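Some notes on the structure that comes next.
Going by the PDB entry, the residues shown for chain A are 6-535, listed in order. When reading the values below, keep in mind they use all heavy atoms of this one structure, side chains included, and skip hydrogens, waters and symmetry mates. Both ligands and their constituent atoms are indexed starting at 1 by order of listing.
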Amino acid sequence: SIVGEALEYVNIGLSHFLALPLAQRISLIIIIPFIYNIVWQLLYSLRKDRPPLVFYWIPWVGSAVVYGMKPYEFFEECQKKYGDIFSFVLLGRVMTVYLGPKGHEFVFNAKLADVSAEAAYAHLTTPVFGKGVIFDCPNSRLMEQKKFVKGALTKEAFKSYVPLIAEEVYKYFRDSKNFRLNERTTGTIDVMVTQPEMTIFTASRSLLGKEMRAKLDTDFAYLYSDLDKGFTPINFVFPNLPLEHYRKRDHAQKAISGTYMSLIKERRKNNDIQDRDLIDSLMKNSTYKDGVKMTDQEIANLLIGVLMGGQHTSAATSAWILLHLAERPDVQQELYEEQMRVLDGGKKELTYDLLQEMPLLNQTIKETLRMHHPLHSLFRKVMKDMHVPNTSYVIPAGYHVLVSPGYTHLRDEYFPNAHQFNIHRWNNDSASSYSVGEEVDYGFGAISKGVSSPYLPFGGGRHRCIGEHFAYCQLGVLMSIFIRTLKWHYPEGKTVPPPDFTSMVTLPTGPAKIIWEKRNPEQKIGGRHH
Ligand code: HEM
Ligand SMILES: C[C@@H](c1ncncc1F)[C@](O)(Cn1cncn1)c1ccc(F)cc1F
């Protein structure tokens, strides 16, 4: 009755294994993790305290390809098979998705102790933005940064921003090669070229000021492009490796944060600190509640982060607005009439207050954000085991949770005929968003306590957007002027492009071209240009 002799053959087997020919060793080096992965998934499927796990063939990679390319189609199939809670493996991480309004509640209103945004995102954002801000700091520091930034985003600030943003749009119609309205009465444009440029010109001028805007007229502009390239999903898996892409990013962050710091120390030197812009505002208001001041480097870093985030969501969105309106001359006509009524045939100057009396214009923004949530997925890293209410499911620490309000935006259940563009579904409901009941303050002002609205373009809970009113102001001024100045349509045979879901925001697949025409071919934009 000896089993020790089997224990010998274990040792013998280990030794024969290590002496296999290389062609068999390498072969096993592949085949063993493969086989184990399959065996492990099958075993996992037995657990009742775990949501269903999407099956996958390639270890570590998981469902990355189909999630990367077609995430809403991936979610819809998964939802059909498993219901609203399911997991899937993604480049080494386990993502637990919770679709629908209950998922919105589960993730956006999760306790600070249970989940972490910075543990999910910092490896992406910190190299691009800089140290000490956003996700390179505790949540309570982020809470207060948002509060500081929000202090320059007031009604009175928006009133002074509107004419600056308008000036920038008109200058862009005047000077950009894409328009030249004093020289051309019609032309073709790629909206993925024009919208990122108009967005940076308008956001710089208003949030950063004239100096920083003037800088965009120089080679300095290319640093933003460089810094921009580092803001990609590839940094999500390979945040640092010695390629040139990574060094131009690092250099740009230094050069740009350097430029903001120079301005700041200049203003403080001359005591030229007023109430013009976000820089003025963070110079007067950036001391945390424990007495610690933000450094000039941290202020600069925060400016980069805020502008870059606001850059991509807004540029994506105005691109989509243009793209949906290009096959909807009926809606352009309707918007044009509202412009004529609110601005007295154009004899009134556009102001912030008049912007608020343009419901059809804001409804168009609202509907575009419904069909095109620029962030298709939001993540948190799970920090403690989470029990899913009314289920037997437990999400263990180390998993990630993924929420996707953009997906629910496209469901017929919540939005009848959700794939049709219809600004009138928001009739009598043109607010950018609104809390349906009770409110709470996490540090940056009172916001909706419930996050169960099927429409959640700005998220909710402690990580909620603070730029929505600035985005509406910017998009509003911009579209008010496009509409009053131009008509536009598609080249023959072209229609609304499909989304490119592989980028950081879900911009349209380019080239996305429209043909524009002056409503008033003889109208001229004044001012000087070289
Ligand atoms: C159409 C435009 C925009 C949309 C749809 C949008 C959307 C969002 C969403 C969904 C979040 C929540 C992120 C999460 O829960 O993980 C967020 C957060 C945030 N956004 Fe926006 N955003 C827009 C424009 C802007 C602009 C223009 C700014 C700045 C001027 C801005 C600044 C911020 C900041 C500072 C946060 C907080 C991040 C956090 O607490 O984790 N956003 N935004
Ligand atoms: C972290 C980042 C993000 N990017 C992509 N998928 C998910 C994300 F959370 C983002 O939320 C995007 N964003 C939101 N509003 C504008 N931009 C963000 C927030 C604050 C910020 F200062 C800069 C910034 F990029």
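The molecule at ligand 2 is the drug voriconazole.
In this PDB structure, the PDB entry names the chief binding partner of voriconazole as Lanosterol 14-alpha demethylase. At the shortest separation from atom 13 (N) of voriconazole among protein heavy atoms lies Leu380 CD1, 4.0 Å.
In this structure, atom 15 (N) of voriconazole lies nearest to the protein heavy atom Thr318 CG2, 4.1 Å. Within a 4.0 Å radius of atom 20 (C) of voriconazole, the protein contributes no heavy atom. Contact annotation for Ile139 and voriconazole: only side-chain heavy atoms (C-beta onward) come within less than 4.0 Å of the ligand. For atom 18 (C) of voriconazole, the closest non-hydrogen atom on the protein side is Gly314 CA, 4.9 Å. Contact annotation for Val510 and voriconazole: no heavy atom of the residue comes within less than 4.0 Å of the ligand. Protein heavy atom closest to atom 1 (C) of voriconazole, with residue, atom name and distance, is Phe140 CE1, 3.6 Å. Less than 4.0 Å from voriconazole sit the following other ligands and ions: ligand 1 (protoporphyrin IX containing FE).
There is no protein heavy atom closer than 4.0 angstrom to atom 10 (C) of voriconazole. With hydrogens left out, the protein atom closest to atom 2 (C) of voriconazole is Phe236 CZ, 4.7 Å, a heavy atom. Taking a cut-off of under 4.0 Å to the non-hydrogen atoms of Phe134, the atoms of voriconazole that pass are 23 (C), 25 (F). From the protein, the heavy atom lying nearest to atom 23 (C) of voriconazole is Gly310 O, 3.4 Å. The shell of residues around voriconazole (heavy atoms under 4.0 Å) is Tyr126, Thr130, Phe134, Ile139, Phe140, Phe236, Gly310, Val311, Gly314, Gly315, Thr318, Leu380, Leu383.
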